[PDB]
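This file shows Vitamin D3 receptor complexed with calcitriol.
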Amino acid sequence: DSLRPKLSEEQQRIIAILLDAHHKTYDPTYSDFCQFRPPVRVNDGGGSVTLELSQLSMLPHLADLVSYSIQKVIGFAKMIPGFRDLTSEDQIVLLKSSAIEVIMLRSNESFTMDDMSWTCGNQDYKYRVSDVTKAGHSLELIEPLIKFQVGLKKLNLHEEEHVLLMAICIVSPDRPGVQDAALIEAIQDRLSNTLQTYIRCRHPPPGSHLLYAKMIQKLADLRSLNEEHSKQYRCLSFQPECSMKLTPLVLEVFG
Ligand SMILES: C=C1/C(=C\C=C2/CCC[C@]3(C)[C@@H]([C@@H](C)CCCC(C)(C)O)CC[C@@H]23)C[C@@H](O)C[C@@H]1O
């Protein structure tokens with residue numbers, strides 16, 4: 001039954017543009033991480049919230065990593081076909097509302113099921129759940145985040161699908177404050193059609209089975225993680241002197 005229309009010339013170009021955009025904005029060697037404020041891991045085997053908030057030992061490093069990542073995501077977004085056709089206001093609304101979700105998606109590349117960490121170098125740049133608690137977050141965010149990373153890993157996405165998913169995540173017409181939802185939807189549909197077509201024509205079985213719907217579900221999971229992250233960030237920001245441990249960009253995007 002299922003027809004397999006071939007990718008159009010345009011669709012092939014969209015894929016190539018997104019792959020190039022990602023390769024220019026995601027360094028798989030994590031060579032810039034030593035430039036961030038250093039990671040510090042206080043002794044907290046008991047997971048004390050009082051101690052974690054008192055020290056926020058991993059916050060400067062993780063805030064720098066997230067801030068750096070937001071800058072890369074802004075650059076990636078600017079290369080998404082159609083993104084620059086949007087008004088500046090809609091572009092900023094889309095970037096601010098998707099930032100954390102795209103960070104969670106793109107981070108899957110360093111996440112490894114070998115030990116359930118984001119491995120970005122030697123021990124210094126190996127990030128574990130215990131590091132996230134040392135940055136002021138709790139299990140309500142961490143648990144679903146790790147579950148999401150593993151679920152995404154097991155989809156065994158082609159790089160083409162991974163970059164398309166990030167682009168679709170950014171160009172979402174259902175974000176609060178967007179003006180031209182119709183144009184945003186048109187841009188997203190062009191990307192979704194490219195993704196659906198790619199899966200049916202280039203993704204071998206059995207990993208291709210209902211893969212599109214699995215990818216769409218991950219976009220829904222991301223909305224939930226976004227909301228929880230926002231709630232936790234708000235509370236984290238109540239800690240006196242927290243602003244110094246963050247960055248101006250992080251403060252704007254999540255404040
Ligand atoms: C960033 C990237 C990477 C890892 C992501 C991680 C591991 C550390 C903790 C992070 C950054 C989680 C955060 C929710 C931690 C809290 C952030 C904050 C303090 C601002 O509220 C989400 C994704 C997680 C590394 C590399 O893949 C580039 C990528 O781009």
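Residue numbers run from 1 in the order of the sequence given. Scope of the values below: all heavy atoms of this structure, side chains included, with no hydrogens, waters or symmetry mates. Heads up, header says this was done by X-ray crystallography, 1.4 Å. For ligands, and for the atoms within them, numbers begin at 1 and follow the listed sequence.
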Name the residues that contact calcitriol (ligand 1) at heavy-atom distances below 4.0 Å. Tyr26, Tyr30, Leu59, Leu62, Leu65, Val66, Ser69, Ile103, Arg106, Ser107, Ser110, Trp118, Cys120, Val132, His137, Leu145, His229
Interfacing atoms of calcitriol (ligand 1) (cut-off 4.0 Å, heavy-atom, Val66): 11 (C), 17 (C)
How close does the nearest protein non-hydrogen atom get to atom 14 (C) of calcitriol (ligand 1), and which residue and atom is it? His229 CD2, 3.9 Å
Could you check which UniProt calcitriol-binding residues of chain A come within less than 4.0 Å of calcitriol (ligand 1), heavy atoms only? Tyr26, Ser69, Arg106, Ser110, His137, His229
Show which atoms of calcitriol (ligand 1) fall inside a sub-4.0 Å distance from at least one heavy-atom site of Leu59. 19 (C)
Return yes when at least one protein heavy atom is under 4.0 Å from atom 19 (C) of calcitriol (ligand 1), and no when none is. yes
Distance under 4.0 Å to a non-hydrogen atom of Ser110: what atoms of calcitriol (ligand 1) satisfy this? 25 (C), 26 (C), 27 (O)
Write out the residue and atom name of the closest protein heavy atom to atom 23 (C) of calcitriol (ligand 1), then the distance separating them to 0.1 Å. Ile103 CG2, 3.9 Å
Output the list of atoms in calcitriol (ligand 1) that are nearer than 4.0 Å to some heavy atom of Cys120, sorted by atom number. 25 (C)
Nearest protein heavy atom to atom 9 (C) of calcitriol (ligand 1), by residue and atom, and its distance? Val132 CG2, 3.9 Å
Quick one: nearest non-hydrogen protein atom to atom 28 (C) of calcitriol (ligand 1), plus distance? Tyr26 CE1, 3.8 Å
Calcitriol (ligand 1) to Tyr30 polar contact by distance, N or O atoms, under 3.5 Å: no
Which residue and non-hydrogen atom of the protein lie closest to atom 7 (C) of calcitriol (ligand 1), and at what distance in Å? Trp118 CD2, 3.4 Å
Using UniProt domain boundaries, which domain of chain A contains most residues that touch calcitriol (ligand 1)? NR LBD
Specify the protein heavy atom at minimum distance from atom 8 (C) of calcitriol (ligand 1): its residue, its atom name, and the distance to 0.1 Å. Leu62 CD2, 3.9 Å
Measure the distance from atom 1 (C) of calcitriol (ligand 1) to every protein heavy atom, then report the residue, atom name and distance (to 0.1 Å) of the closest one. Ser69 OG, 3.3 Å
Indicate whether atom 4 (C) of calcitriol (ligand 1) is within a distance of less than 4.0 angstrom of some protein heavy atom. yes
So which protein heavy atom does atom 22 (C) of calcitriol (ligand 1) come closest to, and at what separation? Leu145 CD2, 4.0 Å
